[PDB]
Amino acid sequence: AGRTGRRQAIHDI
Amino acid sequence: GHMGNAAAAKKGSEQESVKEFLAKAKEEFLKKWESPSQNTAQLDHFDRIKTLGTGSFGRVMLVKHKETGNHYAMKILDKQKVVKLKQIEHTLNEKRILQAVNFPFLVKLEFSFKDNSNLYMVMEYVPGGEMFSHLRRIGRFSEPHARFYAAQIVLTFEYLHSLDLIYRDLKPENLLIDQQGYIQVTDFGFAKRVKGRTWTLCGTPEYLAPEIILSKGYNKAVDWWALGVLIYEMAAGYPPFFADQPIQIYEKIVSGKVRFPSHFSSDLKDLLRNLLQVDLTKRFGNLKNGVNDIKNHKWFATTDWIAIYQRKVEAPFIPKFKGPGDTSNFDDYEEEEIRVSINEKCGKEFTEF
Ligand SMILES: O=S(=O)(c1cccc2cnccc12)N1CCCNCC1
């Protein structure tokens, strides 16, 4: 199982 | 050897011609990098039509230029959100890099400007939608279909890395399909000019190289890791390190263990094991032979690199286009009116924009 929708970038950790 | 005399000489000459192309491309880039453009339009020049996609600092909207009637994609960033998220440097990177690069698979910036509340970047409208949508709809791409897109990314990274630019956010959400079925890379929000190492923890969890997660100083090889993730996801329909929460994703990435669908060819698995390589002394794209380890891999044996660059290869998929300004290939998003304050916000932080 995992993320199937659009994935947002991360700015830290 | 693997190549006969004729093939070896042709390949060698081809690789020397790449060096000649890249040297000229660097000269052109540096001229624009040292004398950037700014304030080439204003907000009331455009009619806002529809939101095409969203991000943390704002949105991208289809706009129509009032004077010419041409359509564009306008990225809007709220200055207050950019300062709070410590993205000032990254946003200045994005605009400066986009105005200076030139490559057939990189989206073209047409105008940029700012007001009291927002920053704006106006780009060519690419009507075919995100690769992400098409991939989720179909399930997976066949290997030749995935290879056609992968080849364009390989060439784009060869170009960018020659300019000391790292991209740092490869994923299907950031790859648009143009009217000819070719890729346009968008979203330069994490792109950076880096001569050697850089240290910022940024990117998208599923696509992060282990050295980013481990807080190491890292280099352009993070983009080649991300290419491995992209090729895997295009060919499988899901990425290689797949979990509901970022912490769980990170644990799988640093373990290095990758499992492959039974339908992956052995050539593909070999390429992916060499891109998704935790040991930087062994990762393709990071070795003495550079990008040629990728371009000359068996999985790319049928790829005519020049024909891809010239856009002369028949695309596997041509998006339906109902006319200028059609948005049918994009998903719907909640719309919010663009508010412009009477007072300038964050003026000193965005002087160079
Ligand atoms: O498709 S976008 O709206 C888009 C961005 C930049 C240029 C574009 C050009 N044409 C269409 C859509 C465009 N986009 C924004 C949301 C974040 N992921 C990247 C895609």
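Here is how names work: the chains are called A, B, and so on, in the same order as the sequence lines, proteins then strands, and each is numbered from 1. What you see below is based on every heavy atom in this structure, not just the backbone, and it leaves out hydrogens, waters and symmetry mates. The header says X-ray crystallography, 1.5 Å. Counting convention: from 1, in listed order, for ligands and their atoms alike.
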S.K.: Which drug molecule is found at ligand 1 in this structure?
M.R.: fasudil
S.K.: What would UniProt call the macromolecule that lies against fasudil with the most contacts here?
M.R.: cAMP-dependent protein kinase catalytic subunit alpha
S.K.: Within the structure, which other chains come under 4.0 Å from fasudil at some heavy atom?
M.R.: B
S.K.: What is the modeled covalent link for fasudil: residue and atom, or none at all?
M.R.: none
S.K.: Can you list the fasudil atoms lying under 4.0 Å from a non-hydrogen atom of B/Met123?
M.R.: 6 (C), 7 (C)
S.K.: Can you figure out which of B/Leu109, B/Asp331, B/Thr186, B/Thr327 has its heavy atom closest to atom 7 (C) of fasudil?
M.R.: B/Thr186
S.K.: Look up the UniProt domain of chain B with the most contacting residues for fasudil.
M.R.: Protein kinase
S.K.: Below 4.0 angstrom from a heavy atom of B/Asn174, which fasudil atoms are there? Numbered from 1 as shown, please.
M.R.: 18 (N), 19 (C)
S.K.: Can you sort out which atoms of fasudil are near B/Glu173, meaning under 4.0 Å from one of its heavy atoms?
M.R.: 18 (N), 19 (C), 20 (C)
S.K.: Looking only at heavy atoms of B/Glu124, does any of them come nearer than 4.0 Å to an atom of fasudil?
M.R.: yes
S.K.: Looking at B/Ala73, which atoms of fasudil are within less than 4.0 Å of one of its heavy atoms?
M.R.: 7 (C), 8 (C), 9 (C), 10 (N), 13 (C)
S.K.: Which fasudil atoms does B/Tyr125 reach within 4.0 Å, using its non-hydrogen atoms?
M.R.: 10 (N), 11 (C)
S.K.: Output the list of atoms in fasudil that are nearer than 4.0 Å to some heavy atom of B/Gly53, sorted by atom number.
M.R.: 3 (O), 16 (C)
S.K.: I'd like the name of whichever of B/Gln184, B/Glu130, A/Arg6 reaches closest to atom 20 (C) of fasudil through any heavy atom.
M.R.: B/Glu130
S.K.: For atom 5 (C) of fasudil, state which one of B/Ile177, B/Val126, B/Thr54, B/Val60 supplies the nearest heavy atom.
M.R.: B/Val60
S.K.: Which residue in chain B carrying a UniProt active-site annotation is nearest to fasudil, and how far away is it by heavy atoms, to 1 Å?
M.R.: B/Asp169, 7 Å
S.K.: So which of B/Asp187, B/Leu62, B/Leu176 gets nearest to atom 12 (C) of fasudil, if we judge by its closest heavy atom?
M.R.: B/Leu176
S.K.: Can you list the atoms of fasudil that are under 4.0 Å from a heavy atom of B/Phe330?
M.R.: 1 (O), 11 (C), 12 (C)
S.K.: In this structure, which residues build the binding site of fasudil when a heavy-atom cut-off of 4.0 Å is applied?
M.R.: B/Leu52, B/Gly53, B/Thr54, B/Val60, B/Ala73, B/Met123, B/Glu124, B/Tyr125, B/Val126, B/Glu130, B/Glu173, B/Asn174, B/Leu176, B/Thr186, B/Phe330
